[PDB]
Structure formats: C-alpha cells, structure tokens
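Consider the following structure, which contains neridronate.
One is the number of the first residue; the rest follow in order along the sequence. Ligands are counted one by one from 1 in listed order, and the atoms in each one are counted from 1 as well. Heads up, header says this was done by X-ray crystallography, 2.5 Å. Note: hydrogens, waters and symmetry copies are ignored here, and every other heavy atom, side chains too, is used.
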Amino acid sequence: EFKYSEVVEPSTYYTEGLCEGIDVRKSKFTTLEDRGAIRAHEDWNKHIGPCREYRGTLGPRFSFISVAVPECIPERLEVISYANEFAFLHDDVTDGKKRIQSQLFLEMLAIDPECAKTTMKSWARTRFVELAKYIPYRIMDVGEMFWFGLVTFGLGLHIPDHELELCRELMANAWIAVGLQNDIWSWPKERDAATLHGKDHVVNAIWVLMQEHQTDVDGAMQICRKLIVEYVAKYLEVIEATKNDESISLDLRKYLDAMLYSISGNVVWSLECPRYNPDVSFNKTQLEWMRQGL
Ligand SMILES: NCCCCCC(O)(P(=O)(O)O)P(=O)(O)O
Ligand SMILES: [Cl-]
Ligand SMILES: [Mn+2]
Ligand SMILES: [Mn+2]
Ligand SMILES: [Mn+2]
Ligand SMILES: [Mn+2]
C-alpha cells in the first residue's frame, strides 16, 4: 500500500493530540521537495520579484508535501513542491510576467497528460462572526480545489467526473480540521497582519470565535482545539464506513486514505514551519542551496 515513505516515530514529534489516530509518514525523498521549492524561489526572484530564503512549504525537519503527501510519486515530487511554493507565494500576495508558469504546465504534460489537464482544469476559480458561516468560506480560502488537483496528480489518480460532486462531501471534516489548524498556527502571523492594514477584524477562526463567544484569545484557542479534535473523529468515522464500497473509486478511496496524512502532516509541519515559526532555521542542506546552490 505504501512504498515511498516511512512512518515517523511518535516519541520524536509533538502532535498536541491534534491528530489522534493518524501515523506520520515522511516522503523519503524530501530533498526533492527542497529542490523543487527553491527553484521556484529562484524563478520568482528571476521573473517577478525578490525571493530569497522564503518561508513556505519547507521545514528543516518536516517540509510540507514530504510529510503531507509522503507517498507522492518520486518523479513528480519536485514539480509538486514547485507548485506548492508558488501557491504559498500567491497567497502572501493575497494576504506582470507571471503567466510564464506554463513551463510548469508544460512540465506536466511531459509526465501525465490527462492528470495534468484535470488538475489544471481543476484550478478554475469578509469579516465573519459566527463559525457556521466562516466554515464555508475558509474551507476554500485554504485551497480545497488546488490541493485536490495537486494530490491526484502526484498520486496519479483518475477519478471519474461524477464522484467529483461526491468526494468533497466526504472530506468536510478533514478540510475543516486543517483549516482550523492553520488558523491556530498562522494566527499570530495573520493577526499581526490585520493589525497593520488597520482592520477591525481578522479573517481567522480564532477571531470569529472570540466574537461569537464573547471570549478572549485564550478562550478561542481551547475551543478551536477542542473542535479540531472532534472533526478529526468525524472524518475518521468516514474512513471505516467507506473502507469497502466498490461503487467508490479505487482512486477516491485511495485519495481519501491519503488525506489522513495531510492532516497529520499539517500538524507537525505547522508546529515547525519557519513560515509560522520564524525562530526556526533551515537545514545546512536547505540553505546551501538557497544561498549558493540549486
Ligand atoms: N494546504 C495547506 C496550506 C495552508 C496555508 C494556509 C494559508 O495559506 P497561511 O495561513 O499559511 O497564509 P491561508 O492564508 O490560506 O490561511
Ligand atoms: Cl503532543
Ligand atoms: Mn505524542
Ligand atoms: Mn495566508
Ligand atoms: Mn491566504
Ligand atoms: Mn492562515
């Protein structure tokens, strides 16, 4: 079932109980993520704006995709990472000579034509105060469709265009969980941010909660955390049920199972990622490429 990654040993990383039930697997080719990402840095630096030693998908120990998609087909690892960083870019901008990223697009056809077209096609595209309302919004402000299109490719999945409607209704709890996670850890980031624009609000669950619940910062977190834990289960439920219906795509069922590790992945990464954790430094290896190599 798994041939491109190893389980990470639990006594070596912190989970904060925020993914009870999921192994942690590392892609066993993580340095491909390194190189795919950094090229994107260079390309960005090259073609649209300054970009050196950027805090995105890379972590000194846990880099995102290496740990969020650890069974990704090795040959495809770089370009995916290349994508994700660009994604991680195009976000910072949200919170020219850039159409030239078809070289990326082109890169994919050379590998998997159909998977590419989907994914590409798949890539067709505030101030909330009650959680019930936010959840719809953020579940895409985090990038459901992107990630979808992303993983399918790297796993070379083909799902028939009809389950498309279905699939998303399965991974609600999932996408829900990770949204909150980001909002927990991207919180100070995204918090200091709203402080600058002069915003009265922060488009972040923590802020919503504080409003919806008359509570302070601390109060918002505990709840959110209490919640994440519960959407975890809610999704885990699904697995067991869905484990054996053949009207379900082999691929979908794969894709579902694969989502587990994005969750576990998100945790450890976000607990480390220089992106959310400035104090965090990279690898010798990681840097040696950023400063000099690649
Ligand atoms: N698929 C996992 C990517 C998590 C990124 C979350 C964010 O990009 P970040 O909090 O990193 O800016 P968003 O701004 O959309 O909350
Ligand atoms: Cl822990
Ligand atoms: Mn533990
Ligand atoms: Mn952001
Ligand atoms: Mn964003
Ligand atoms: Mn965020």
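Put simply, copies of neridronate show up as ligand 1. Counting heavy-atom pairs under 4.5 Å, the chain with the most contacts to neridronate is listed in UniProt as Fusicoccadiene synthase. Of all protein heavy atoms, the one lying nearest to atom 12 (O) of neridronate is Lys189 NZ, 2.3 Å.
Distance from atom 2 (C) of neridronate to its nearest protein heavy atom, with residue and atom name: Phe64 CZ, 3.6 Å. Proximity to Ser186 (heavy-atom distance under 4.0 Å) selects the following atoms of neridronate: 10 (O). For chain A, the PDB entry reports the organism Phomopsis amygdali. Interface of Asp141 with neridronate, defined as ligand atoms under 4.0 Å from a residue heavy atom, comprises 15 (O).
Atom 3 (C) of neridronate has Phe88 CZ, 4.2 Å as its closest protein atom, hydrogens excluded (heavy atom only). The shell of residues lying under 4.0 angstrom from neridronate, judged by heavy atoms, excludes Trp185. Looking only at protein heavy atoms, the nearest one to atom 13 (P) of neridronate is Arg138 NH2, 2.8 Å. Any N or O atom pair closer than 3.5 Å counts here, and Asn266 shares no such pair with neridronate.
Short contacts between neridronate and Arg275, defined as distances under 4.0 Å to a heavy atom of the residue, involve ligand atoms 9 (P), 11 (O), 12 (O). Where the criterion is an N or O separation shorter than 3.5 Å, residue side chain and backbone included, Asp95 meets it with respect to neridronate. Protein heavy atom at the shortest distance from atom 6 (C) of neridronate is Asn182 ND2, 3.1 Å. Considering backbone and side-chain atoms together, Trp147 places no N or O closer than 3.5 Å to any N or O of neridronate. Here atom 4 (C) of neridronate lies nearest to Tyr276 when heavy atoms of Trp175, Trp269, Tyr276 are compared.
Of all protein heavy atoms, the one closest to atom 14 (O) of neridronate is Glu190 OE2, 2.9 Å.
The set of residues with a heavy atom less than 4.0 Å from neridronate is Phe64, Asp91, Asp95, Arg138, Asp141, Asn182, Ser186, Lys189, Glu190, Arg275, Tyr276.
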